S.K.: 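Have a look at the structure that comes next, please.
Each chain gets a letter, A, B and so on, in the order the sequences are listed, and its residues count up from 1. Just the heavy atoms: all of them, side chains too, but no hydrogens, waters or symmetry mates, feed the values below. Header says: electron microscopy, 4.2 Å.
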Amino acid sequence: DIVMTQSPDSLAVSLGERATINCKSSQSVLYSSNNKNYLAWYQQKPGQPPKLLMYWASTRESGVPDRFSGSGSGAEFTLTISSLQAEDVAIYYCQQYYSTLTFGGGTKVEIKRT
Amino acid sequence: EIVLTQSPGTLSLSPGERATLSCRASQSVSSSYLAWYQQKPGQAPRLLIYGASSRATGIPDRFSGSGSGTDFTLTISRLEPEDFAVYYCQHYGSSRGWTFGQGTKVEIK
Amino acid sequence: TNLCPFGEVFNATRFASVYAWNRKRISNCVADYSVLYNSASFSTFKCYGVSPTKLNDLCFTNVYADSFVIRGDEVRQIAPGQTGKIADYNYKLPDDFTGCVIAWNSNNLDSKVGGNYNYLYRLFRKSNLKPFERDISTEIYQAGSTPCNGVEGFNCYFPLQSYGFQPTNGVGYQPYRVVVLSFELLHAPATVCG
Amino acid sequence: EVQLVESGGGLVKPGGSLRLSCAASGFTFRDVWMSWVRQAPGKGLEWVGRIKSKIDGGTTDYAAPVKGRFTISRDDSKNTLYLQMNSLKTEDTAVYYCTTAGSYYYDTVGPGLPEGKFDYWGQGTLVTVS
Amino acid sequence: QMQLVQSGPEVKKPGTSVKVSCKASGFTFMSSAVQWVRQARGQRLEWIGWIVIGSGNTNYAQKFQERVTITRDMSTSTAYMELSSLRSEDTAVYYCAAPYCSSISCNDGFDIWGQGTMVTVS
Ligand SMILES: *[C@@H]1O[C@H](CO)[C@@H](O)[C@H](O)[C@H]1NC(C)=O
């Protein structure tokens with residue numbers, strides 16, 4: 001099975017602050033043909049199922065704020081949120097479509113406070 | 001990204017003297033992706049050597065690439081006034097590369 | 001006198017990528033092309049062989065169906081005497097071709113919101129295709145004097161490119177399902193009639 | 001709107017067996033690849049297995065940790081997805097979900113998505129082994 | 001004789017975007033690939049990104065990730081590049097380059113460079 005890993009395990013972010021999530025695959029998800037990276041990002045809140053934000057990590061799905069954008073290629077990628085809002089607090093997951101389905105361990109994004 | 005470095009950063013030679021330029025990769029990849037370029041002030045860079053050894057069309061015989069693995073060189077058998085220039089190396093790789101070295105300059109002494 | 005299973009060709013749920021276009025033999029059955037011609041479902045129904053309705057009175061030893069998906073602007077390339085990326089590297093008809101080319105607008109089926117990248121076409125080849133040649137090699141295309149090491153980067157490229165099929169595409173960029181019906185008269189009794 | 005309904009969860013004794021099921025929504029079920037995903041409390045998402053649409057071989061595949069103990073099938077006349085689990089372990093305790101996730105790239109579904117999206121998940125059901 | 005011709009000089013404000021064109025002539029464009037490099041005066045060459053003309057495929061240096069987009073239009077036989085979120089540090093001469101391509105094969109290095117385009121941010 002292909003294994004995705006993520007870092008940091010969690011990140012405290014103040015409101016309005018830019019934040020990123022890194023990840024690395026055990027192998028490239030690039031298919032050569034089509035020049036596409038088969039990586040998606042999902043958002044999950046407690047008590048709820050995860051939902052898709054980006055399918056190739058290059059494009060947003062409908063209803064997704066423009067603040068969200070993916071980046072990178074091959075085995076290594078980063079998700080960027082241009083500015084975090086309270087509504088965006090969630091556990092974020094990578095998903096691979098290169099073979100079968102794989103999920104990463106996920107990353108927690110929370111609001112920084114004293 | 002692979003880092004390329006060059007040495008000496010500056011050389012001072014008289015015309016008619018032999019000159020050697022060198023570079024070092026942070027890691028070896030292949031000679032097939034190496035090329036050297038010449039630049040004069042006010043002008044675009046021009047290809048001298050590709051494949052780490054093949055001459056570009058119109059290049060004089062005095063120019064030749066050499067070296068292997070991590071360490072590659074560019075040599076001039078004897079300097080002409082035309083040869084005093086800033087030189088750069090580039091590594092094409094498998095893409096996600098194409099980095100340039102710090103550059104080197106040959107001054108007239 | 002079984003009816004020919006045209007639905008297996010024209011109603012197919014999936015179509016092959018044009019670089020690896022599908023081929024199926026039609027034989028030993030009763031054909032009806034008038035149902036296709038009069039369906040008015042097709043954006044194009046053009047014959048380079050016997051005219052679309054005159055052919056209904058003729059029997060053939062066989063008919064072949066070549067199935068693939070291309071852009072609407074590329075449909076014109078599916079003809080004898082043509083050039084361009086599809087005509088030379090993906091699918092080619094001979095100058096002596098006899099038969100018909102049928103196009104259908106699949107924008108409601110083959111397009112995907114994020115783009116459908118499952119439909120591939122060949123971008124590079126060492127030379128032009130022979131008529132009805134099917135080149136499915138995935139070997140990295142070489143350019144220049146330096147031998148390719150099998151790794152993409154410079155003067156080494158994967159031979160295939162995807163279509164960006166999306167619902168918002170203009171008609172020329174919308175996908176069309178194309179079926180080419182090739183007809184043959186072999187030195188044999190006819191097996192296909194209507 | 002699109003809504004999946006999940007059932008069949010509950011407490012199971014170790015070494016026992018359980019049948020889970022999920023009802024299809026208004027989107028065409030038969031043409032969409034389906035998969036099962038599970039999440040233990042305090043843990044990240046884990047893929048369980050997948051079943052292909054009728055146009056394909058209809059074959060299935062499973063994550064290595066669950067392979068040979070899990071079986072996936074569907075009833076097209078009822079448009080219902082099923083998972084059978086055998087020889088359950090305490091390790092298998094999780095909330096199980098039915099989803100369309102990852103299918104859009106490989107399925108035959110066109111642009112005409114009923115909500116503008118292809119990504120659908122159930123609320124899932126809890127399975128406990130103890 | 002192959003040549004590349006670039007668009008002329010332009011001055012931009014910080015926070016704005018700039019576009020630079022590079023027109024092909026004298027060689028087969030479709031078999032070629034175009035590289036973009038910039039150089040501040042007195043500084044070493046810096047790679048920005050490159051495009052394969054036949055496929056439209058691109059790659060970028062991490063420094064320019066999502067700041068630079070490279071496109072081409074074969075009907076105009078021209079490569080295009082755009083740079084966004086301009087800073088005063090982005091002042092440089094920008095160059096396009098490509099290998100010579102015959103109908104049969106291409107050169108294995110960037111033998112032809114354009115005259116360069118001056119871009120100033122202030
Ligand atoms: C495809 O199936 C429909 C079913 O109603 C039929 O009307 C149509 O003629 C078929 N197309 C063929 C057989 O080419």
S.K.: What is the drug at chains A and D: AZD1061, BIIB054, REGN10987?
M.R.: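 That's AZD1061.
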S.K.: Got a name for the drug at chains B and E?
M.R.: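 Recorded as AZD8895.
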S.K.: Name the main binding partner of AZD1061 here according to UniProt.
M.R.: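 It is bound most extensively to Spike glycoprotein.
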S.K.: Which other chains get a heavy atom nearer than 4.5 Å to AZD1061?
M.R.: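 Other chains in heavy-atom contact: B, C, E.
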S.K.: Provide the name given to chain B in the entry.
M.R.: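 Per the PDB entry: 2196 light chain.
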S.K.: Source organism for chain C, as stated in the entry?
M.R.: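 It's listed in the entry as Severe acute respiratory syndrome coronavirus 2.
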S.K.: Which chain of AZD1061 owns the most heavy-atom pairs under 4.5 Å shared with chain C?
M.R.: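 By heavy-atom pair count, that would be chain D.
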S.K.: Specify which UniProt domain of chain C supplies the largest share of contacts to AZD1061.
M.R.: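 Most residues touching AZD1061 lie in the UniProt domain BetaCoV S1-CTD.
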